[PDB]
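Here is how names work: the chains are called A, B, and so on, in the same order as the sequence lines, proteins then strands, and each is numbered from 1. Order of listing sets the numbers, starting from 1, for every ligand and every atom in it. Readers should note that the entry appears only in part, and the reported contacts come from within that part.
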Amino acid sequence: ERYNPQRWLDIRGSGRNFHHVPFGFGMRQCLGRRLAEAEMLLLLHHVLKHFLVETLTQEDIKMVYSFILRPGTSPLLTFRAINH
Amino acid sequence: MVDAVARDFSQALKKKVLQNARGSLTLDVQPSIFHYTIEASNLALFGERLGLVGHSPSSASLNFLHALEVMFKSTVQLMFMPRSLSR
Amino acid sequence: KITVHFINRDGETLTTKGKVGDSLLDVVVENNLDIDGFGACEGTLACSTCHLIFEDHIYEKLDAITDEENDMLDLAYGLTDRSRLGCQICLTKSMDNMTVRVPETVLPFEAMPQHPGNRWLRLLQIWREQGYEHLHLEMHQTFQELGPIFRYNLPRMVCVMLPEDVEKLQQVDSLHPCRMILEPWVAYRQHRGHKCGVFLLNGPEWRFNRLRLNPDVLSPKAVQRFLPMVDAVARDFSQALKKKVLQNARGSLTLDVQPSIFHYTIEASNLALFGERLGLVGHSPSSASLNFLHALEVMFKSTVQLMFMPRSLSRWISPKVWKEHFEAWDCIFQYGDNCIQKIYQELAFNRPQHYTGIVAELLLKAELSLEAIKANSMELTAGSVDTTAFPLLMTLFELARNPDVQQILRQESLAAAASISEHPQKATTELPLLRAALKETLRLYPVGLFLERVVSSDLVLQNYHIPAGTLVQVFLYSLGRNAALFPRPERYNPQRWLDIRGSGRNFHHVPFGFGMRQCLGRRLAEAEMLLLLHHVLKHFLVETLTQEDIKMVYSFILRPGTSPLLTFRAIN
Ligand code: HEM
Ligand code: HEM
Ligand SMILES: N#Cc1ccc([C@H]2CCCc3cncn32)cc1
Ligand code: FES
């Protein structure tokens, strides 16, 4: 339950197979795989170089399965601009 | 093309952030994010700029999102039944 | 150090000393002198209990009186041609052995004129008409038949209408002034686990809250902190109007401005309070904006349907109105709670080094429980819309009706324009005639209709003994139209308040109240109103052909039922 992205560069080290599979495998693996990555990566990139993101609601978010797994809570997030 | 949408998203957010005394904007961002993906998607796919980022949602935008929610919802009610029953 | 002699009400000369540069409020509280009730609001010009009368040779060489002090002195009993407010007077070298001095100041109750009407007939009238929009006209007719004083057969309750009576009523102002309690609103607070705010509090909880609010909501120091922010909203309002005006062939835009004004006050309020810019001025209304305004209308409406009944009756007669009432409050508290969960989260992660609004201070100071900041933050977010915007319409309207007065308020504004554009704070001081025009609108159209006080001791007004525990009500409508104090009362003449200020006539301008329960938004309202009209006069001409009088409705507050069609012609 610890959020630690570095673990995926350490998993790349000691070669371990099939650890990152949310898009699938084989040739029925998600066709939007790299379009999703594109949309997500750049938005967050452009948000990090201008804003600080904070929140008081650090309880876990209850998630609901309604075909896809999604959050039932949407948290109240602050975007504080950086100026230096 | 996605870069342009994500840039326009942050510059839109920054404009409004910087109008507030504390240089901050706290909000529920789920709506603005969903409209980002509709814009980045529709541009990458059809080359069209819908003008949903930075501006207000449109009628077509919110009807589309609702229909998705209903479709997922109504799917779990019919997936586990054969259509012989759900009929 | 300097010696100063104080003549008390009992006649005795107290002598003590203070240091130069000290306020004589400091001299009184730092020596525990026995001047009962002196300095109630701890030096934030929110009471007139530091009133002191000076010697002619000392008073003459004191600083000029500010409008903020003069408006306070106008609500001070026993006013004199040599009286000042101790909180605003710092001791100086020449006041050694000064002598200041503090002021001093029948048929039975049942022999007073009675209101013919019957509590229950009226109660049932409201049951069906769902309101009593005409009540202010009933009471005017009453005073014009029974005289300047009558009682209502109910408990005891007397309705008055003269400055004489308001002056006495403030002398009786206790340490815990008691306004009567609105159960429909409090029932809502009890039902949701919420704390009542200042508007609905009495006793020590009231005094506790108020003394931790006046500093950042009412002090001239706080007014100077948020006045520049209101300037930005009023500027953005005129430049927005001018853009659209100048697109039309004849450099004009005629419209119903009531919507745009209401959205101005929501913006100026939410910015002054929560430092947030909502972007409602210049752009279209939002869903949250119009839902908030409707819920206010419904809440006022449903209040008059439940105020005159005890809860014992309205429980089963109009339970639907209770559902209607709470769902209004439900929408209101949703709007307000989110402005505060917005800022509580912000402030948690960084305390700013500059001014970020009124509530930011209160939260930072943390002299109140958050549940008590939440409750006052609500009262302020909800009280700062209808009460501020209706007076602001009627002012525009009367300036369109009185072209003479307009062109004089314009000269004043243009004259002071550059002075104010450089430092907005100066609007307080550089626009005296405009501020007199706000007294003229609230005289004729007082959105606050009554001042109410449960007295704490036997007093007497207009020679009718008034026993303790009695409700007294100041009907400001009939007050403002008494030709005896206001020559030609229906005439709109802002200069009249300058005439009045020379002579020691008292309690003439009382729509915000008196004492320490006078309106906490008093100087925020005045800020929002003054600058909008200032910025509108230096760019636009305001005209209208609908110069009939506007019929006004009673829905807990006194508001217009007509909104007039006003023209804004740009000047070039
Ligand atoms: C985080 C984002 C996404 C996740 C986690 C995800 C997940 C998946 C998964 C698990 C599959 C099935 C893999 C399999 O059966 O082997 C799949 C298939 C598919 N996804 Fe996604 N997907 C995402 C985004 C997208 C996007 C953005 C699109 C379209 C632009 C998309 C369109 C598709 C399609 C068309 C298939 C069918 C592939 C096939 O049957 O060959 N997905 N996705
Ligand atoms: C023209 C505008 C306004 C008028 C005529 C007005 C009138 C009044 C009156 C007559 C009272 C009661 C005075 C008394 O009982 O002695 C009052 C109290 C109050 N008003 Fe207003 N008001 C105005 C604007 C505002 C605004 C803008 C706010 C908030 C931002 C506000 C918030 C309050 C509060 C919190 C109280 C309770 C004061 C207490 O109980 O100590 N009012 N107002
Ligand atoms: N909560 C609350 C609350 C909302 C609005 C008001 C407004 C309307 C009620 C009469 C009045 C006098 N001064 C301000 N107000 C007062 C309190
Ligand atoms: S104490 Fe001086 S005015 Fe309130």
Choose from phencyclidine, ipidacrine, fadrozole, clonidine, lamotrigine the drug or drug candidate located at ligand 3. fadrozole
If you rank chains by how many heavy-atom contacts each makes with fadrozole, which has the most, and what name does the PDB entry give it? Adrenodoxin, Cytochrome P450 11B2, mitochondrial fusion enzyme
Name the other chains in heavy-atom contact with fadrozole below 4.0 Å. C
Contacts of fadrozole at 4.0 Å, non-hydrogen: C:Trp185, C:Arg189, C:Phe199, C:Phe300, C:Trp329, C:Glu379, C:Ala382, C:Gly383, C:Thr387, C:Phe556, C:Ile557
